[PDB]
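Shown next, in structure tokens, is the structure this report addresses.
Throughout, a chain's letter reflects where its sequence line sits, starting with A, and its residues are numbered from 1. Not the full deposit; the contacts listed refer only to the portion displayed. Note that these values count all heavy atoms, side chains included, but never hydrogens, waters or copies made by symmetry. Looks like electron microscopy, 2.5 Å, at least that's what the header says.
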Amino acid sequence: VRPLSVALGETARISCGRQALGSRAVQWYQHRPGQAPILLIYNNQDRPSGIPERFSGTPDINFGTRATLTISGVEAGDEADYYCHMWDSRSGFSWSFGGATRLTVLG
Amino acid sequence: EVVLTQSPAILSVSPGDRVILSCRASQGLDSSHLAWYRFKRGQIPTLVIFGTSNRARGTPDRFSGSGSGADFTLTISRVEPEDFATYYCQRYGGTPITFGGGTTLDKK
Amino acid sequence: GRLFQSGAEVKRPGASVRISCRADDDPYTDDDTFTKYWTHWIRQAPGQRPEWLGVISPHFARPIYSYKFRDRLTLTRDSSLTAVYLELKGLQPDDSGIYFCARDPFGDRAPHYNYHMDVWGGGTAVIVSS
Amino acid sequence: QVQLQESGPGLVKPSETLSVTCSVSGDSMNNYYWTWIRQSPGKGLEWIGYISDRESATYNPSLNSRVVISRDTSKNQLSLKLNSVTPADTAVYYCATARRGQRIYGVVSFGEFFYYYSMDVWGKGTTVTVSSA
Amino acid sequence: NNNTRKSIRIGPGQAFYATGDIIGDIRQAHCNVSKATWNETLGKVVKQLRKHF
Ligand SMILES: *[C@@H]1O[C@H](CO)[C@@H](O[C@@H]2O[C@H](CO)[C@@H](O[C@@H]3O[C@H](CO[C@H]4O[C@H](CO[C@H]5O[C@H](CO)[C@@H](O)[C@H](O)[C@@H]5O)[C@@H](O)[C@H](O[C@H]5O[C@H](CO)[C@@H](O)[C@H](O)[C@@H]5O)[C@@H]4O)[C@@H](O)[C@H](O[C@H]4O[C@H](CO)[C@@H](O)[C@H](O)[C@@H]4O[C@H]4O[C@H](CO)[C@@H](O)[C@H](O)[C@@H]4O[C@H]4O[C@H](CO)[C@@H](O)[C@H](O)[C@@H]4O)[C@@H]3O)[C@H](O)[C@H]2NC(C)=O)[C@H](O)[C@H]1NC(C)=O
Ligand SMILES: *[C@@H]1O[C@H](CO)[C@@H](O[C@@H]2O[C@H](CO)[C@@H](O[C@@H]3O[C@H](CO[C@H]4O[C@H](CO)[C@@H](O)[C@H](O[C@H]5O[C@H](CO)[C@@H](O)[C@H](O)[C@@H]5O)[C@@H]4O)[C@@H](O)[C@H](O[C@H]4O[C@H](CO)[C@@H](O)[C@H](O)[C@@H]4O)[C@@H]3O)[C@H](O)[C@H]2NC(C)=O)[C@H](O)[C@H]1NC(C)=O
Ligand SMILES: *[C@@H]1O[C@H](CO)[C@@H](O[C@@H]2O[C@H](CO)[C@@H](O[C@@H]3O[C@H](CO[C@H]4O[C@H](CO)[C@@H](O)[C@H](O)[C@@H]4O)[C@@H](O)[C@H](O)[C@@H]3O)[C@H](O)[C@H]2NC(C)=O)[C@H](O)[C@H]1NC(C)=O
Ligand SMILES: *[C@@H]1O[C@H](CO)[C@@H](O[C@@H]2O[C@H](CO)[C@@H](O[C@@H]3O[C@H](CO[C@H]4O[C@H](CO)[C@@H](O)[C@H](O)[C@@H]4O)[C@@H](O)[C@H](O)[C@@H]3O)[C@H](O)[C@H]2NC(C)=O)[C@H](O)[C@H]1NC(C)=O
Ligand SMILES: *[C@@H]1O[C@H](CO)[C@@H](O[C@@H]2O[C@H](CO)[C@@H](O)[C@H](O)[C@H]2NC(C)=O)[C@H](O)[C@H]1NC(C)=O
Ligand SMILES: *[C@@H]1O[C@H](CO)[C@@H](O)[C@H](O)[C@H]1NC(C)=O
């Protein structure tokens, strides 16, 4: 678990803990304790319907970019665990969800 | 000390016109000793013309140079969009090597 | 072909900067540029024409300095003969600018004895601030 | 829409099997892959396995192959049972459905793609405790 | 493949050139030909080939 703290109305930027070797497909999960996990971003940038247009992923364009989830205008409710399920072309099947990033909103 | 003066500092032209750039020296150059250089921001500088009239290796035929004494010209026959840069003359034949101030080309 | 300079520098006033210039980024190269050509060092501050700093000879790396830089400039060649170096000491805020190395026969090549900085390299941005 | 609700005992003695089931409401097994994710306290999430309509049982190699994941369209619901449960296997158990995508980076006739799974619709999870006490 | 070259000093003055890393994906080398252009050229070859056979 990696903690990270961000003030209200700011923009949080959670980096993926794993680095891609090759073309990636990155899923981002939000997990509040006691609640179900929620898929925020899939295919490095695509939001499913029902996810607000404050979550962004970095697109896999011109290899070398790191995968980060961007939360613009963090609410009081946007504090959970954040998982970066990273798939790429040189790492095989990705069974691990990775280490979480516990967001804390300050205020 | 040789000072080179390039007469219009900015010069405006349309793509496909003939342009004269001038270099004026304080004295009597050897004419194996005058060269022209293309400087643009973010790009490698390039030798255009050496020896007052000789084209470089990667230099197209639209550029030529002429002159003698203290008067030297670099003329572009047909302006292309990549010829919109600063052009400097410099003088050999004694140290310090001096450059010429520069004529920048912008489009109309 | 081209010339490969070191990276951009941020320095304090009174310090020294050291810039490299190579014709081949291969460290174990046998390029023999710098034993055939003279290498000029030329800076351009923002808002100014290019200013010539010095030239280093291919012959046994003998430097010719500009008179206004002679007391605080050193021009060196590597002992492997495949890189040349500029060292500017006692830096001031007007030493900030883009620094170029350029390659020149310099009136010394046996058929025609021409003069042209025909291969330039890159440009190392040097900032002097406090 | 897809609804899914888990079910389980919650009370399991060690060194035997544990069964958690997952009943899906709303529609049938049309589009979907089906997967199970446990989360123990003190650690993060853990993907344990997934199946599909071809009944290809694929498990996490980190979970010992003591796991059986199955499903049926007669009852139209998913099932999980793991063998020889230790007391370190107490966790919240989520049933989830997964979409498969293919990430293509080169020529597809050379096999220059890969498959990835995105878990889009989840469930609440069973709080299954394992202890002899 | 985005190939990285690496120099190894194997003797006095001697450098071996190795492959270092691949940067990005591992893909196969390949050639492309236009399918219709190749088929039309093969028709022209077949027509000039029927004059002898
Ligand atoms: C010899 O000839 C052979 C021919 O056999 C040549 O082989 C070709 O080689 C190239 C590689 O050089 C391969 O290119 C890759 O192609 C894949 C596959 O693209 C197809 O699928 C895409 C996704 O499909 C999705 O949507 C469709 C509905 O549209 C749906 O059916 C499907 O199920 C799936 O849901 C389509 O987008 C794509 O459409 C393309 O063509 C359309 C019509 O031609 C055109 O309108 C489109 O605009 C588009 O150009 C096509 O059907 C590409 O996915 C891949 O590009 C990604 O990957 C590279 C490397 O990683 C990356 O740099 C690119 O930037 C791009 O990454 C984007 O996409 C990722 C996945 O979508 C995403 O995760 C990234 O984050 C990134 O996303 C960004 O852009 C997208 C849109 O671009 C945007 O939505 C995002 O939000 C974000 O902005 C490669 O280009 C060819 O596949 C291959 N051909 C064959 C037949 O095998 C060979 O090159 C020749 N050799 C020589 C020497 O000439
Ligand atoms: C050592 O180094 C010094 C420093 O460079 C050398 O001195 C210079 O030598 C060059 C040799 O090429 C001299 O250039 C020549 O100049 C003569 C004389 O110029 C006068 O006569 C011209 C009439 O022909 C006249 O037009 C000139 O006017 C121009 O120049 C003055 C400046 O001097 C300028 O103010 C004017 O407005 C004009 O622009 C000037 O009055 C000239 O006759 C030569 O021209 C011939 O060659 C050219 C090119 O080869 C050709 O195009 C012509 O048609 C003509 O055939 C040539 O230009 C230069 O003047 C010397 N400068 C100084 C300061 O001394 C010295 O020679 C070196 N010595 C050795 C031993 O190497
Ligand atoms: C072949 O072997 C040679 C001997 O080991 C290598 O030459 C030496 O390489 C090192 C590392 O590149 C140099 O050290 C650098 O020095 C510069 C500045 O030079 C000044 O300081 C050195 C002492 O460090 C001093 O000897 C000089 O006179 C200068 O005053 C620094 O900026 C660097 O940080 C680094 O310390 C040696 O200077 C250099 N020469 C000698 C004679 O030792 C050579 O690189 C090898 N060749 C190849 C192709 O690998
Ligand atoms: C194959 O892999 C290469 C990696 O080894 C890719 O090279 C990278 O290419 C990008 C853009 O194409 C470069 O990004 C530029 O970076 C410079 C600043 O970098 C400078 O400093 C580094 C070291 O500090 C040095 O290595 C560089 O050469 C530069 O001197 C910026 O000024 C640019 O605006 C731009 O951001 C990478 O720097 C570059 N990496 C390397 C190691 O060269 C290459 O693109 C790949 N090729 C293909 C076809 O995919
Ligand atoms: C081989 O590569 C050439 C490029 O060198 C391709 O030719 C281009 O094709 C596009 C689309 O048909 C045109 O818009 C361009 O004008 C063409 N020329 C250039 C110079 O880009 C060609 O399609 C490729 N052939 C195959 C079989 O892949
Ligand atoms: C090539 O052309 C011939 C006649 O034009 C046709 O019969 C044949 O099917 C074509 N083959 C392909 C691969 O297009």
Which name from AZD1061, 10-1074, AZD3152, CAT-192, REGN3471 belongs to the molecule at chains A and D? 10-1074
In this PDB structure, which macromolecule forms the chief contact with 10-1074, named as in the PDB entry? Envelope glycoprotein gp120
So, around 10-1074, which other chains have a heavy atom under 4.5 Å away? E
Enumerate residues of chain E lying within 4.5 Å of 10-1074, heavy atom to heavy atom. E:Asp21, E:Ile22, E:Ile23, E:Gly24, E:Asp25, E:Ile26, E:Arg27, E:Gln28, E:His30
Residues of 10-1074 within 4.5 Å of chain E (heavy atoms): A:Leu21, A:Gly22, A:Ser23, A:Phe63, A:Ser89, A:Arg90, D:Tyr105, D:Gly106, D:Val107, D:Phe110, D:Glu112
PDB source organism - chain E: Human immunodeficiency virus 1
